[PDB]
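Summary heading: complex between methotrexate and Bifunctional dihydrofolate reductase-thymidylate synthase.
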There are 2 protein chains.
Amino acid sequence: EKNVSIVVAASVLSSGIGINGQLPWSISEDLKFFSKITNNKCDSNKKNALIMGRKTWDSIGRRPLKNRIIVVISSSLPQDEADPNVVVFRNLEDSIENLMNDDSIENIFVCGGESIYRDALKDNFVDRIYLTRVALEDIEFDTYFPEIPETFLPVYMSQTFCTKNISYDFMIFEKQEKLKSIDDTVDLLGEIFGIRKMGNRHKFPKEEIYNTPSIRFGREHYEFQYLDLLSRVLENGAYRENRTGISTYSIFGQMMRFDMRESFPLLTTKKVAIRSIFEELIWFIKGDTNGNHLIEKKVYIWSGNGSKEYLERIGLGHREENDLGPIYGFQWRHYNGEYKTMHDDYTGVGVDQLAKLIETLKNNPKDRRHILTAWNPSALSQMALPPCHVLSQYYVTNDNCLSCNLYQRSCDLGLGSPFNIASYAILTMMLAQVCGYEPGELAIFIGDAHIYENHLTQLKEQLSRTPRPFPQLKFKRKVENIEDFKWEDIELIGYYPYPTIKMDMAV
Amino acid sequence: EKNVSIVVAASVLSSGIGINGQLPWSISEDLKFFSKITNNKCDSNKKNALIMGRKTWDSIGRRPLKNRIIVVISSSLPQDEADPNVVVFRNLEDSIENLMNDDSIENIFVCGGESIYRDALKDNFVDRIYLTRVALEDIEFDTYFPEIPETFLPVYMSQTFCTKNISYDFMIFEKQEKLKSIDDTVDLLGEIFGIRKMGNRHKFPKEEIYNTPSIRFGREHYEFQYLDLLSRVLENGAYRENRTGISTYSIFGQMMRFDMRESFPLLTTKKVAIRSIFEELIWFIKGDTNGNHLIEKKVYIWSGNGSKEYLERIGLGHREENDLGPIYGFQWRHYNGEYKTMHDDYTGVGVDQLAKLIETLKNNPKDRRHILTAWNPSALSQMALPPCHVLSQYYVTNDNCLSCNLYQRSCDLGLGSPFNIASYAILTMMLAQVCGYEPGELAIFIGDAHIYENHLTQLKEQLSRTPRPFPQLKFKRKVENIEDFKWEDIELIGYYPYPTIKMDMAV
Ligand SMILES: NC(=O)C1=CN([C@@H]2O[C@H](COP(=O)(O)OP(=O)(O)OC[C@H]3O[C@@H](n4cnc5c(N)ncnc54)[C@H](OP(=O)(O)O)[C@@H]3O)[C@@H](O)[C@H]2O)C=CC1
Ligand SMILES: NC(=O)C1=CN([C@@H]2O[C@H](COP(=O)(O)OP(=O)(O)OC[C@H]3O[C@@H](n4cnc5c(N)ncnc54)[C@H](OP(=O)(O)O)[C@@H]3O)[C@@H](O)[C@H]2O)C=CC1
Ligand SMILES: CN(Cc1cnc2nc(N)nc(N)c2n1)c1ccc(C(=O)N[C@@H](CCC(=O)O)C(=O)O)cc1
Ligand SMILES: CN(Cc1cnc2nc(N)nc(N)c2n1)c1ccc(C(=O)N[C@@H](CCC(=O)O)C(=O)O)cc1
Ligand SMILES: Nc1nc(=O)c2c(Cc3ccc(C(=O)Nc4ccccc4C(=O)O)cc3)c[nH]c2[nH]1
Ligand SMILES: Nc1nc(=O)c2c(Cc3ccc(C(=O)Nc4ccccc4C(=O)O)cc3)c[nH]c2[nH]1
Ligand SMILES: O=c1[nH]c(=O)n([C@H]2C[C@H](O)[C@@H](COP(=O)(O)O)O2)cc1F
Ligand SMILES: O=c1[nH]c(=O)n([C@H]2C[C@H](O)[C@@H](COP(=O)(O)O)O2)cc1F
């Protein structure tokens, strides 16, 4: 028995694959993907067979594919022995004669329209599925890819790629059937030493809290860098109290890694409020600490830490209603500046870290001191809340890309973390355009990674959703100064998330 | 054809296993390891056979081991059928009849003295070796474990454990003989997209720069967290210039993780100057920036950045010879203090972060703001060198352990990194004793991880050395204040490193 794999490129939601006898898109890299997989063989004196329907055979110009033998399923095509690279069969079952008879065929690929896909799955001929999920859904389709049967399980999901501002993935599905001593030794050592063995302090998450657990070795989509951290906290998190009335499950010392070259790290397993994230970031960039300016733009994330009852509770009753004090955006633009109120004019006072960062990224790109800090011990007592994202470093690669590292001392994985991922991604892209670079990578290093106990049912629901390709984010215009960005300048392309999940903030 | 494994506990350097008819040590957990490994079986109605010499049979009191059959090799013991749990054979080869005849034996273990080990290896009877490396060498031995033949390769090396201040490892050696489509798909995607696929920017290190490459899935010893970072830089490092004349190979965004409960992360692949590391750390704690105080104690690590030629070169010619300026230990003890010279009295000026950190660690252990920073933009111009270890956070676990996270913007993997690993480990243990806790974990997050080009032959030599168990570090007395620590108070137990490697610092 030889292998029979399905190759298909379908839309991410409705699984559309065609329109009016052709594809709904033109993605060059996806065709090169089709070519390399269908040519991938082990024996030199053998070829692969590509099965396709007649309409698909028409759509490719009715011309052969090099180094391969095309098999056309048709009820009315002549079975002429003229073309040795193209053969015609009357039904799909007969065309699977290559298995038993033809020993010159190594592997078999099904890749030819809805009619052939649906019959190849209903008759249980397919061993593996190569799916290319494309992020295009507000268009018209007339040919779809059938629903994948439950007998298949995902084993691979690539990172998100981008062609002509279109996001797409690459997945592999395997059909289900019915080193040995190293794992045993580690288990025995774990029985002897309790939590003395550090592995037992970092236990692998159980399958019941592992997002898409059938993907073991192919967890390439960088949203798994966030989802697996959720799983790691649910497994190893210590129940601990904190300044709020809501206890958490907390571990210490974690990291996440994200790409920004070919996609934008906005979570797809939950609809993330991208507008509020931006309006908070430009609020930091402008140097503003007036909490009213966010409420005037219908952004209330800082209303909890900016009520008169909260400020008098922490010893800042002399402060105005939403005067959050010297915080993010006051240490960015006026570091070590004497803070009075939020209405005063601070032009010239303090150290403008953001300005020095932009000027250093352009004049000395390979400098190792592109640092933006917000942890100022002399001003902590005056802040409405100590900074969570305390320090960030930036890096110019040899191909003119801008990467970013962030250390955040405390991380609300339910609310703050999805914001921190997107917020510092936008900041890096802003810094890249003003400095003339392209976006690079984003790494976030976390101290107290925790989950609030009132987010448990919500985050467990989020872990039940298999991720979708990351969207794209582009700027509509090039700005003179970094302060000039507006919400209308941001174009979010290809974002098809799961429904939003409500989670209450702990004050 | 059953399995024949060797179980042995030998010294780390000389491979001593016995003295005067008994063990050179008493490690309880190692006996539980011997028991669990020799009892590990698959069939309920089968037993394992334990082969041992006569003198070894004497050393265990001539009493049986539960659920197992002991096989004694002796030329003079009576072959009485009285005891069914003990059988005697006249030579080692005859006793390997367990393979052909007794189908009631599942696995075979050789574990009985130098004479049996050497004959079992010279006759090629052993399939696998379970080695427990013990860090005790300045004692007396009379029975040794033979040199492991080249036909064996290590496949596992556990973390370092500790019993009665003795460090030890657990290794597995396999004998050499004569998830398939996922790797193919990822390789094809790497051909289509160049450095567009993030995996190609983080290529797995080649075997020629991978320390002990035969250990694929068992790289548990946390010195591999440092050695693999060296391998990762040699593979992906971009050749970049910097403020010095010595270029580096640099990557961005890396992390290392170390245990501190059962061992001390002092590198064994190179003899690390631990005294200089400590004398620099207490120099930081005391708040001292006078570089002469380190030179007076024969510690010259800061002499390069504190020469009259270097200081005048970077615009500090007004400064005294070794006046390094407000640096580590001046932001620790006197944050935001106006720095004059190194001779002035700074008692009372600035924010004492170290004092507040200790007081916060004791009074509010689960607080999420145990932060010690050294990045002060207002003082960077006055420093002889901006801080490399810029910010650190501390964490109290539910079992009264103190963990530490460090963000390092720039990392000299040849010189600074071995110091940074050990230094912040010592600092965390000092903070743990003054606050009444035990050492926890150490995680180091790195920005610009690089290797200087004049360290290439040296670090490749270091990568050729298989690691040894981490040592132990204990304090001889409980101190009143953290400033009271002295070098004589530190006892380094079980440190048997490889010879030191000379590497020049880039000024
Ligand atoms: N995104 C992707 O990966 C792909 C998309 N497509 C798109 O899908 C569309 C085409 O698919 P689709 O509409 O389903 O047409 P098909 O490609 O499935 O071709 C159908 C033809 O195959 C023959 N056929 C099908 N079933 C049988 C049967 N049971 N017995 C005998 N003959 C059979 C018939 O030929 P006959 O009339 O001669 O009897 C039929 O007309 C196009 O738009 C194409 O571009 C196609 C391939 C891949
Ligand atoms: N750290 C560890 O893992 C272990 C350490 N040890 C230690 O090592 C020491 C003992 O080892 P060791 O000194 O080598 O003594 P052995 O344990 O190897 O026993 C030797 C005896 O086995 C018999 N024997 C050996 N070879 C032959 C042969 N070719 N034909 C017939 N009989 C043979 C002889 O018994 P006879 O004289 O009756 O003929 C010989 O005296 C002890 O200190 C023990 O504690 C032991 C086991 C494990
Ligand atoms: C059958 N078909 C429709 C089509 C389009 N995109 C797809 N995409 C995927 N992922 N899977 C499919 N089955 C698929 N099929 C095809 C098949 C081949 C070519 C084609 O020109 N292939 C060249 C591509 C050459 C190149 O781009 O380098 C080859 O050599 O295979 C176009 C459409
Ligand atoms: C043959 N021998 C010497 C000895 C000591 N340490 C070793 N350590 C290792 N790693 N490997 C060996 N072969 C070894 N052998 C032995 C064998 C068994 C026991 C013993 O008492 N074993 C108990 C373990 C008792 C316990 O768990 O405390 C068992 O149930 O097997 C002591 C010494
Ligand atoms: N404990 C604690 N956690 C914090 O995150 C935090 C912040 C920042 C912040 C970030 C995000 C939110 C928030 O509500 N996000 C949302 C989530 C889902 C759907 C919609 C939204 C939406 O905002 O529309 C609130 C606050 C300041 N102070 C804090 N304290
Ligand atoms: N560029 C750059 N790199 C740095 O590491 C650095 C430091 C800290 C430091 C740390 C270590 C050394 C050093 O020489 N270590 C050794 C290594 C092997 C064997 C012996 C020694 C020994 O000292 O005895 C020098 C300096 C201050 N300023 C710096 N600038
Ligand atoms: O950007 C943010 N990210 C974040 O994770 N938090 C959460 C983390 C923690 O749950 C809470 C309070 O921090 P702490 O209790 O350490 O003072 O703020 C707040 C932000 F503003
Ligand atoms: O504790 C230290 N750790 C460290 O890694 N360096 C190295 C890193 C780098 O090679 C150099 C400073 O880089 P730069 O001056 O360009 O920021 O010092 C120096 C220390 F003092």
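A, B, C, ... go to the sequence lines in the order they are written. Quick note: numbers on chain A are straight from the PDB entry, i.e. 3-180, 193-521, in order. So for chain B, numbering is the PDB entry's, and the shown residues are 3-180, 193-521, in order. Counting starts at 1 for both ligands and their atoms, following the listed order. Per the header of the entry, the method used was X-ray crystallography, 2.8 Å.
Counting all copies, methotrexate can be found at ligands 3 and 4.
Other chains reaching under 4.0 Å from methotrexate (ligand 3) with at least one heavy atom: A. The deposit names the source of chain A as Cryptosporidium hominis. Heavy atoms under 4.0 Å from methotrexate (ligand 3) belong to A/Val9, A/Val10, A/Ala11, A/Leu25, A/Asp32, A/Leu33, A/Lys34, A/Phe36, A/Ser37, A/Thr58, A/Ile62, A/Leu67, A/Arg70, A/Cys113, A/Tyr119, A/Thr134.
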